[PDB]
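Pictured: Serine/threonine-protein kinase pim-1, co-complexed with mitoxantrone.
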Amino acid sequence: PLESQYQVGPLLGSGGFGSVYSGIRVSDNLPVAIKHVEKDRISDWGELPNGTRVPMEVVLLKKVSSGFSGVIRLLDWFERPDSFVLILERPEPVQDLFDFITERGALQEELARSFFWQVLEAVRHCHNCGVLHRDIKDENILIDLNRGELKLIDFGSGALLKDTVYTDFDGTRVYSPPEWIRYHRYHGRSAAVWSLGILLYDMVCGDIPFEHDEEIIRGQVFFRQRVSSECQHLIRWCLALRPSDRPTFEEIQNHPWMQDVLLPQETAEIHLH
Ligand SMILES: O=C1c2c(O)ccc(O)c2C(=O)c2c(NCCNCCO)ccc(NCCNCCO)c21
Ligand SMILES: O=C1c2c(O)ccc(O)c2C(=O)c2c(NCCNCCO)ccc(NCCNCCO)c21
């Protein structure tokens, strides 16, 4: 039922997470992405309502895929003998935020404020649906080039949101909070806020702030680019060393720098058309 309902196009990516292909649904020609994950490499399983044994990513994608948001939706999934196959939305034309920043260098503040805000909305929606992504970064963000809408993509290192400590981490190191580096333990919200601080610095600086553990643990932030007294403050607050000194989502979104965000459409008009 799988290779009959969907027509595979070119490979889009591959790596730790598996392989992703461009796809068309025959039913009607909606762009889709086809994500192959091999059973052997799944470290983390869950179970759906009806109680089947699936990869966590599927559990998580299902909890966030209801209604609209800034998260790319799971349209359907299939099991095979050595792999799971996931059918997801595909914006058209699309480019990931990594390449986007790579191409234009640092982003104008107005453009960063728009993008960052949309990320905030997406992460809120996930936190809301009891999901924690745990790997927010430029390359897990797709941009729908036409509508100026951002979308989150890879739940592979995700986990259900819970209020107790986490002692496993699979996201990228350079993006991991100092409490992880030092103690091999973190809480979800505050660690998300840290990575959001990394994401924001990246957007405005062209680059990430820290590379090596000692730089992460030190937590000192240098700007290689002109950035407003105020973005610098928000970035620094997100990257506070002590988790409890970081802002909540709400405080981020009420930050002076987050005022008068653009809508995605006008963002595209001004910065993508
Ligand atoms: O295109 C997707 C994609 C999609 O279109 C719809 C849903 C999805 O879940 C994906 C997707 O997961 C994807 C890639 N996997 C995530 C890489 N994460 C690295 C872990 O740190 C890795 C690469 C990838 N290709 C994006 C296109 N990149 C070139 C233009 O920037 C994708
Ligand atoms: O994404 C990584 C990265 C990763 O995903 C996994 C392992 C890694 O070691 C990196 C990484 O080193 C990296 C960058 N280099 C760090 C040096 N910058 C601060 C000076 O210490 C500098 C930038 C960077 N991200 C690219 C940001 N997007 C714009 C493209 O230039 C990375």
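Numbers here are sequence positions counted from 1. The figures that follow rest on heavy atoms only: side chains count, while hydrogens, waters and symmetry mates do not. One-based numbering, in listed order, for ligands and for the atoms of each. So how was this one determined? The header says X-ray crystallography, 2.7 Å.
- Result for chain A and mitoxantrone (ligand 2): the nearest UniProt active-site residue and heavy-atom distance (1 Å) are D135, 7 Å.
- For mitoxantrone (ligand 2), the main contacting UniProt domain of chain A is Protein kinase.
- Residues contacting mitoxantrone (ligand 2) within 4.0 Å (heavy-atom distance) are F98, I101, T102, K137, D138, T172, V174, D202, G206, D207, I208, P209, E211, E215, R224.
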